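Bound state: Synaptic vesicle glycoprotein 2A + brivaracetam.
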Amino acid sequence: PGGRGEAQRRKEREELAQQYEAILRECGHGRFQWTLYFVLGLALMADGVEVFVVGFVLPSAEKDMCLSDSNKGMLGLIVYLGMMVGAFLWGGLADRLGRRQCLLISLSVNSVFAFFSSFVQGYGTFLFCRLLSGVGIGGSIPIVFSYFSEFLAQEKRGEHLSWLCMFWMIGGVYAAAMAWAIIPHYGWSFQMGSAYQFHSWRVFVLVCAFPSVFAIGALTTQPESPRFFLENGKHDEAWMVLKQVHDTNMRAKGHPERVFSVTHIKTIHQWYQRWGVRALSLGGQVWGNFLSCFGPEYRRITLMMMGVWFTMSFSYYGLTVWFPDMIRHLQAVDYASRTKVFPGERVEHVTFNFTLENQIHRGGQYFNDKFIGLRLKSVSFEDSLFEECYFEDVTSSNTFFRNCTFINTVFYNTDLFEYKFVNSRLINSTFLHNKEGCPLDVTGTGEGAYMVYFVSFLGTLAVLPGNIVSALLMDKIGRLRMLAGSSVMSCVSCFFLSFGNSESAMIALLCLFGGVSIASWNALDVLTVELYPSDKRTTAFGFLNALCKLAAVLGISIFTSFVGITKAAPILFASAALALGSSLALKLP
Amino acid sequence: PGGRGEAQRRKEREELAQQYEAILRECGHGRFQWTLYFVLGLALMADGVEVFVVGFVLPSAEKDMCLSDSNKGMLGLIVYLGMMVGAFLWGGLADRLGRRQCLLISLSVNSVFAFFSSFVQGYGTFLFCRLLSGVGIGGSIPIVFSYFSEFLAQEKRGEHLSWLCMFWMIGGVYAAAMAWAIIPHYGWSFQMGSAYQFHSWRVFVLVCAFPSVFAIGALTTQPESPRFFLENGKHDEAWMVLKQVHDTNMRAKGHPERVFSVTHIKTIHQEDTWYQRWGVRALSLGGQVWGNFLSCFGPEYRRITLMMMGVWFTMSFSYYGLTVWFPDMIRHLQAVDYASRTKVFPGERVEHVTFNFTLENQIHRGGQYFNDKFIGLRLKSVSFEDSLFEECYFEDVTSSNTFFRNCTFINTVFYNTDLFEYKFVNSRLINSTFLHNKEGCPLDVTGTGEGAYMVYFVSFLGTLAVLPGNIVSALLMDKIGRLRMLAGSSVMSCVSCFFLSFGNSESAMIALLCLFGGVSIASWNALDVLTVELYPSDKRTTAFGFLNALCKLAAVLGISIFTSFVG
Ligand SMILES: CCC[C@@H]1CC(=O)N([C@@H](CC)C(N)=O)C1
Ligand SMILES: CCC[C@@H]1CC(=O)N([C@@H](CC)C(N)=O)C1
């Protein structure tokens, strides 16, 4: 009856899955599948570029648009919730709208909103644009892995999906290289002037938007996954795509290129008035799929998969957010440690045309001597007085004056504002030709992370070959122990993250550990891909990735709620969870 | 007959080996084997901590222990000589005393004399105490490999003899981390009733001995390997041990012990004054051990023994590197980092000003105070050389990390300060008034190699990061088979371009250490697994310990010849 009807139904589902796998291994493995791998790797490169941007290059935005210190955590948190909701929504949509269609829509949204963020001024608009780029990038992996799976035979599935993390890593490397090239240096970016405004921040975002636009440009050529066509009652285009597959694979290598007759013979043998209605129907289909993800068939497998994904989330956070946060903190303490105090600049009426930086005066006194050529770069005076020391066309940078006076001294073209100069004595302290207005200070602490960007660049670049080694190596272990190796990797990652106290040592160790961590993530990704049915592969993958992102953003929330004094408690929680989940959460079919 | 008898013994060697490997294959695996692996790995943890101590920590700290100029460099060489003779002696002795007995006595020597070294004063006595500690610990790796391999089947040896490296590096990590935790800190050794204030590295040496104590306390449950019992010529105890381990391991899997226990009874049927007594025992055992070792150089094993000695020479420059080469560059990098971090302080004093600011790392030279007097001024890290201070009256001022040389004062009275004549070596005692002053016993050790304060941290991360590059390397060279050379070459080329890509800071040396120690020690494990399978158990431990002693000699002579050539 109904129960036996469903029994024969999923029996035929298994039969057709076997038949599709037979068709796939009949087509082969050649140029077409590697071209598709390169295109989906461009997509993963875009995803990695946005991950790097959000996790690494957030602290450079207070030089513009008046970014407050308390709202950086809010920006990161809301972008991670954007990635979460995007991953969940696009994963749910793909299995009832298309793997290529949803991937194209997500990449178009990401590219358009990244471009818009590159051309917005107010902080609110930039935050909104990054939030809506979050959904576009979060929708990538659940519709890249689960869409490249159906184009690969069983024997080559795990081996060739294990190499998709290399493109994520090279995307991180590309983003770091652009950051190092154009954010610090003023020779690569310049202000247009009257026609437009261009700081190194905008050019950085605009150039980081490029991998996404190339991915969407190259994604058009590849066709929709045949399995989706087969499941959605669409037969002719399935024949078309499979014919494209074997011909492209077999033109280079494969004797049957001469004639495909018998095999293709077997292949053919096998506006709210409607927009609102279709949106509601799509929502109903996605809700049905998500609810059936917790049915009697997958009541326990999905739960164990959740546990194994939670196992991984405490290394993804450490590599993506914890590492650059720690590097930034260490660079901050280093730049606080470095000092340059000038007691005075007394000279016998000799002009000083030389340029100096980091001038700080502590109780310095001037005997009413006029000095020409003084430079104010990274200058933070304290308890200092000036006597007729005015200079024409003086350049001001990082001017933070407090408890200091400038009696009978007038400066031109300075970044000083009313709020910058408070609680200090002043008489006739009026500055002419002042550049008052929107704060656009050059070298205004946005150039203070040059070493941070260089460290991130070389760390990721060196992770890349270690990642090559680890990815080439992990495929040797049997599939029953790749996730055990993942748990071991996470345990070692946490056992280090409980020990973070140095700069160069942390660079080297987190770099040589990025290889094993990233090579080990794809083992879990492959395990998630193979197990779930092709109808529910993308929902389940997106749902588990959404819980990985939820764990990451909850770690971010606690870390930003209590920072500095308490950092290692989440790592203790991580190690305890790893120990608890390595005992009985490895009985996965 | 003689010739017929020796021919029969040689031809029955294969039969007895087949019988014992069949017994091992039929006994089971999963509980006893893993508990044995854990206990013997915790015993190898002691060798790891000892080798780390002697390599990285021991040669530097000499000031508190009252060592001489040449002894400060000779200490490591002498400790390696002691570990040499210890490895040779215990490897030879383990083939006549037994498996567990020699391991127990070797770890007991390690524990007792490490404690005695932690509680000793005087350079010669400490030198001899660490010599005997090295003697005790040298024969800990050959005995552990032999005793552990006598409990595993022919195919199953690799997947445990490869993972003993896990505990070796766990020991390295523990020793390095614990050194980094204790060596800088001073309050871990708070004790009352004694005037002597020893440095905190005494507690470090004391806590390095705890792995040996834990191994001794855990080795009592594990019985001696039955293969030694069979080779000696006694059966009942061997059958006891075999049946007990089978009963212990029956819980893990399904083993039909009903008939398997029967054949272990008769497997041997086909496989055949008090101090004066102790002296006779000792001389007889020494002669028998010498003859047993001389049998290895006999033509029955000549070619393989010579090839093995050759590969032990070849596979030892990695040990030399990881022991002496990389610590030199690491400590030089740390020292130059500290030098760059500090700045020159020729003198910042100003007349008739409230110069109450605190200055760190006072390295003033020629900046004599011109009758400068200040009140409530704090001085830290005071180090003056031929500098005369006039009218410097400070009361209730605390100083630390102050060392003097060629120092002098003019009308300077110090109260509650750390200044003392202990650091006044080759310095004038002019105006050294110390009335109404707190005791100023200065610190030591850190004066020798001042840049080695957090070198233990970079060593700890090196030894820790060897692991993530260690499991992967072990699987790579354990599974692929005949493509190991190509895989290793590719990984080394990638690591070399990795190292060149590190052109930002002094992280390239840590990365090189980690990613080359991983491959080096994977290759070491390959060599060990190769050594254990070839030699028979009667001549296994003695041969492997002799090879280990030869490796120690290669390392010592290498450091000596590079000292002669370099510089
Ligand atoms: C986004 C949260 C972790 C992601 C999950 C996922 O699928 N990841 C891939 C990226 C190609 C990997 N590095 O294996 C890491
Ligand atoms: C660089 C030092 C190499 C050591 C020497 C040695 O004997 N090693 C074995 C035995 C546990 C290993 N870790 O496999 C590694």
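So you know, we letter chains A, B, ... as the sequences are listed, proteins then strands, and number each from 1. For ligands, and for the atoms within them, numbers begin at 1 and follow the listed sequence. If you check the header, you will see the structure was determined by electron microscopy, 3.4 Å. Any value given below was found using the heavy atoms of this structure, including those in side chains, with hydrogens, waters and symmetry copies removed.
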Other chains closer than 4.0 Å to brivaracetam (ligand 1) by heavy atom: A
Which atom of which residue holds a covalent link to brivaracetam (ligand 1) as deposited? none
Would you look up which organism the entry lists as the source of chain A? Homo sapiens
Provide the transmembrane segments of chain A per UniProt, counted from the N terminus, that have any non-hydrogen atom under 4.0 Å from brivaracetam (ligand 1). 1, 4, 5, 7, 10, 11
Hey, could you tell me which residues sit within 4.0 Å of brivaracetam (ligand 1)? Heavy atoms only, please. A:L44, A:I141, A:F145, A:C165, A:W168, A:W309, A:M312, A:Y316, A:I518, A:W521, A:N522, A:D525, A:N545, A:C548, A:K549
